[PDB]
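Quick look at a structure containing berberine.
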Amino acid sequence: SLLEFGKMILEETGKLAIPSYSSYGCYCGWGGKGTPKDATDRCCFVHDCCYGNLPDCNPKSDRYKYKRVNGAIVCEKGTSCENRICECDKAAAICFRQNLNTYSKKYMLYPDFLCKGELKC
Ligand SMILES: COc1ccc2cc3[n+](cc2c1OC)CCc1cc2c(cc1-3)OCO2
């Protein structure tokens with residue numbers, strides 16, 4: 001759920017999910033349209049696609065458990081949905097940490113109208 005996702009993000013990047021990653025670019029948070037603006041936005045795009053692979057799952061509200069082993073995120077065994085949701089979120093948290101150097105404040109609260117084009121999953 002967003003509670004676990006939020007905590008991963010803070011742990012990885014030291015930034016709070018709201019508001020650093022909930023209104024960023026074309027894909028982070030609510031949105032989903034056009035071309036991702038930068039690496040961080042691509043992480044959100046792939047994250048949206050990952051959830052999109054799980055029709056019959058409720059990734060926003062379904063809670064999973066994860067632990068840290070040697071600093072590494074390890075998803076603990078739950079239902080099938082919980083496992084797969086945790087793996088999507090884990091990948092996004094790492095992707096954010098990997099692209100932290102290029103995170104730009106310029107893309108915070110980005111315009112909807114400037115999210116143009118198309119990109120399939
Ligand atoms: C139902 O309300 C919603 C709806 C959608 C929400 C989406 C997100 N958050 C709260 C939401 C929320 O609650 C305030 C919090 C953090 C976050 C980090 C993210 C992200 C999406 C979100 O994509 C990449 O990184």
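Start at 1 with the first residue, then count along the sequence. Just so you know, ligand 1 is whichever comes first in the structure, and atom 1 is the first atom listed for that ligand.
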Query raised in the report: Is it possible to name all ligands or chains that make up berberine, including repeats?
Result: ligand 1
Requested in this report: Look up in UniProt the name of the chain with the most contacts to berberine.
Outcome: Basic phospholipase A2 VRV-PL-VIIIa
Query raised in the report: What are the neighbouring residues of berberine within 4.0 Å, counting only heavy atoms?
Result: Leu2, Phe5, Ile9, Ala17, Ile18, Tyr21, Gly29, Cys44, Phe96
**Report entry** Per-atom contacts of berberine with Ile18, taking only distances under 4.0 Å to non-hydrogen atoms
**Finding:** 15 (C)
Query raised in the report: Near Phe96, which atoms of berberine are under 4.0 Å from a heavy atom of that residue?
Result: 24 (C), 25 (O)
Query raised in the report: To the nearest 0.1 Å, how far is atom 8 (C) of berberine from its closest protein heavy atom, and which atom is that?
Result: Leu2 CD2, 4.0 Å
Query raised in the report: Which of the Ca(2+)-binding residues UniProt records for chain A come closer than 4.0 Å to berberine, counting heavy atoms only?
Result: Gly29
Query raised in the report: Got a protein heavy atom sitting under 4.0 Å from atom 3 (C) of berberine?
Result: no
Query - Origin organism of chain A per PDB - result: Daboia russellii pulchella
Report task. May I ask whether atom 23 (O) of berberine is less than 4.0 Å from at least one protein heavy atom? Result -> yes
Requested in this report: Using a strict 4.0 Å cut-off to heavy atoms of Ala17, name the atoms of berberine that fall inside it.
Outcome: 16 (C), 18 (C)
**Report entry** Closest approach of any protein heavy atom to atom 19 (C) of berberine, naming residue and atom
**Finding:** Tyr21 O, 3.5 Å
Requested in this report: Using distance alone, determine whether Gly29 and berberine share an N or O pair under 3.5 Å.
Outcome: yes
Query raised in the report: For berberine, which atoms have a heavy atom of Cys44 less than 4.0 angstrom away?
Result: 24 (C)
